[PDB]
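By the PDB entry numbering, chain A shows 671-918, in order. Ligands are counted one by one from 1 in listed order, and the atoms in each one are counted from 1 as well. Note: hydrogens, waters and symmetry copies are ignored here, and every other heavy atom, side chains too, is used.
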Amino acid sequence: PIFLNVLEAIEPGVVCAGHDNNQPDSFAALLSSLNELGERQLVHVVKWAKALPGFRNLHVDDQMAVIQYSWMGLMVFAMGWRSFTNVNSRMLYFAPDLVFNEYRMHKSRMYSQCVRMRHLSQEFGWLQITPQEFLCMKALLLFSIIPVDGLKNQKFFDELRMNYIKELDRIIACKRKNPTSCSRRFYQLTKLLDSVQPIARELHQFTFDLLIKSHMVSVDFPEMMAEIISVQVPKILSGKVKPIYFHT
Ligand SMILES: C[C@]12CCC(=O)C[C@@H]1CC[C@@H]1[C@@H]2CC[C@]2(C)[C@@H](O)CC[C@@H]12
Ligand SMILES: O=C(O)c1ccccc1Nc1cccc(C(F)(F)F)c1
């Protein structure tokens, strides 16, 4: 249908991190590249979102808010997809010029977090997620985290989230036969989406601390990345902004 054409048509393309693979691996270089990749990946997310159906309805402030709160969850989820479709979850495919292997996962000083990411990446396979399901879930991640005191126009956001959830159902109801698996498939995806939040929160904490002592470890932080991680992120780790789980 129309909805599906849009999502597949506004799906961001390949994005390099600009990492110089000629130089030996070093924490500084690796994380600095990831930050640069983040800044780059953020530009596409902004445009990707503005081109999203009904997104232009939210108040301009809520448009930037939701983007500054779930950018981590979106990029991680998408990255997990590339890893599955490119290297079959064997490694973390952040970018064509920035693939993480067992070694780099250790050199990045965040091996545990990578494990969970390589785990999310494998879920796409264990559950046999389809392209249509992936695209629909990613968009729903954009509307998966908001401040406890709601947004400027919560009503509009709830209906916007409600409608995207409906699209997921239709996508799911376009290949099933009996309800035994139908209403069941919904349970699987809803779980997968929720498993993303925990991972995202761990990375949030990590980038935060890394930013605090960025000068001592010589890790560069792009302008935008620096403002969001110091102004937006803190609100999440403080409890002001909490994700939206389907299950408890
Ligand atoms: C979102 C990015 C970059 C885009 C992506 O593919 C997922 C990946 C997950 C780890 C993030 C990284 C951006 C830079 C961060 C936030 C580092 O500071 C620490 C964790 C890194
Ligand atoms: O377009 C609006 O008026 C709208 C308003 C609030 C929430 C969602 C909205 N539209 C919307 C929301 C999800 C999916 C689709 C569609 F699939 F039709 F494109 C349209």
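Drug identified at ligand 2: flufenamic acid. Looking at ligand 1, one finds the drug dihydrotestosterone. In this structure, the main binding partner of flufenamic acid (ligand 2), as named in the PDB entry, is Androgen receptor. Short contacts between flufenamic acid (ligand 2) and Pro723, defined as distances under 4.0 Å to a heavy atom of the residue, involve ligand atoms 19 (F). Near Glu837, meaning under 4.0 Å from any of its heavy atoms, are these atoms of flufenamic acid (ligand 2): 17 (F). Atoms of flufenamic acid (ligand 2) lying under 4.0 Å from at least one heavy atom of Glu829, given by number and element, are 5 (C), 6 (C), 7 (C).
Counting protein heavy atoms under 4.0 angstrom from atom 18 (F) of flufenamic acid (ligand 2) gives zero. Within chain A, the UniProt domain with the largest share of residues touching flufenamic acid (ligand 2) is NR LBD. Residue contacts with flufenamic acid (ligand 2), taken as heavy atom pairs separated by less than 4.0 Å, do not involve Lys836 at all.
Among protein heavy atoms, the minimum distance from atom 10 (N) of flufenamic acid (ligand 2) is reached at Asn833 ND2, 4.2 Å. Of all 17beta-hydroxy-5alpha-androstan-3-one-binding residues UniProt records in chain A, not one places a non-hydrogen atom under 4.0 Å from flufenamic acid (ligand 2). When the heavy-atom distances from atom 7 (C) of flufenamic acid (ligand 2) to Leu830, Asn727, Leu677, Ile835 are ranked, the shortest goes to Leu830. Nearest non-hydrogen protein atom to atom 15 (C) of flufenamic acid (ligand 2) is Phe673 CD1, 4.2 Å. With the cut-off at 4.0 Å and only heavy atoms counted, the binding site of flufenamic acid (ligand 2) comes to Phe673, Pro723, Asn727, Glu829, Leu830, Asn833, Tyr834, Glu837.
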